[PDB]
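Structure showing ciclosporin engaged by peptidyl-prolyl CIS-trans isomerase.
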Amino acid sequence: XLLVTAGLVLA
Amino acid sequence: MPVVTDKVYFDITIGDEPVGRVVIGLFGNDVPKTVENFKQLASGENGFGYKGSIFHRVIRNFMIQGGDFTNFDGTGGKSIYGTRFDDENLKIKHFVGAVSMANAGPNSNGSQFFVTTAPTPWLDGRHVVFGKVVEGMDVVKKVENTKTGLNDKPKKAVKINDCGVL
């Protein structure tokens, strides 16, 4: 998807 | 509309060429603790902070992400209160040019932040918004338009060559 992490970073 | 109480600037280079200044207005009456953390990291007054760090992840029509002055790749950074600190207020909505805390789940703000360049309402209630771009949206445009490679890393480094508090 469109996310904004900090370590992993998902779809 | 939250009110702008302080402003900070970033002078940006892309592969070493100066590309201008972004000025960020901070919502210090609504998220004082988050705004303190950002100011102090911009002034560098604790002996560490944004100067010389990069925008390590840039997605066109979405956002630019930076603030990881420990590892330079999105896994690091730290607040002025220690590694991580709690979400201050999650009621302020995102909008184009919002400046917001990256995190890794609840109550894990550090130093990593993003500037959005389109609407991102699916982030609402999940990331603390604490500021907006009040000058240099043209410069923010250049950054979001650099060529990127693996996991959206700019090919030329996008550096905060200087920053501080106006």
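Chain letters correspond, in order, to the sequence lines: A, then B, then on. The PDB entry numbering applies to chain A: residues 1-11, in that order. Residue numbering in chain B adheres to the PDB entry, whereby the residues present occupy positions 1-166 in order. Any modification is hidden behind the parent amino acid or an X, and its added atoms are not counted in contacts. Method on record in the header is X-ray crystallography, 2.1 Å.
Copies included, the model assigns ciclosporin to chain A. Other-chain residues and nucleotides with a heavy atom under 4.5 Å from ciclosporin are B:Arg57, B:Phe62, B:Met63, B:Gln65, B:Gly74, B:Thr75, B:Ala102, B:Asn103, B:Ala104, B:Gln112, B:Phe114, B:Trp122, B:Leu123, B:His127. In this structure, residues of ciclosporin with heavy atoms closer than 4.5 Å to chain B are A:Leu2, A:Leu3, A:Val4, A:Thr5, A:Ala6, A:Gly7, A:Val9.
Under the PDB entry, the species noted for chain B is Trypanosoma cruzi.
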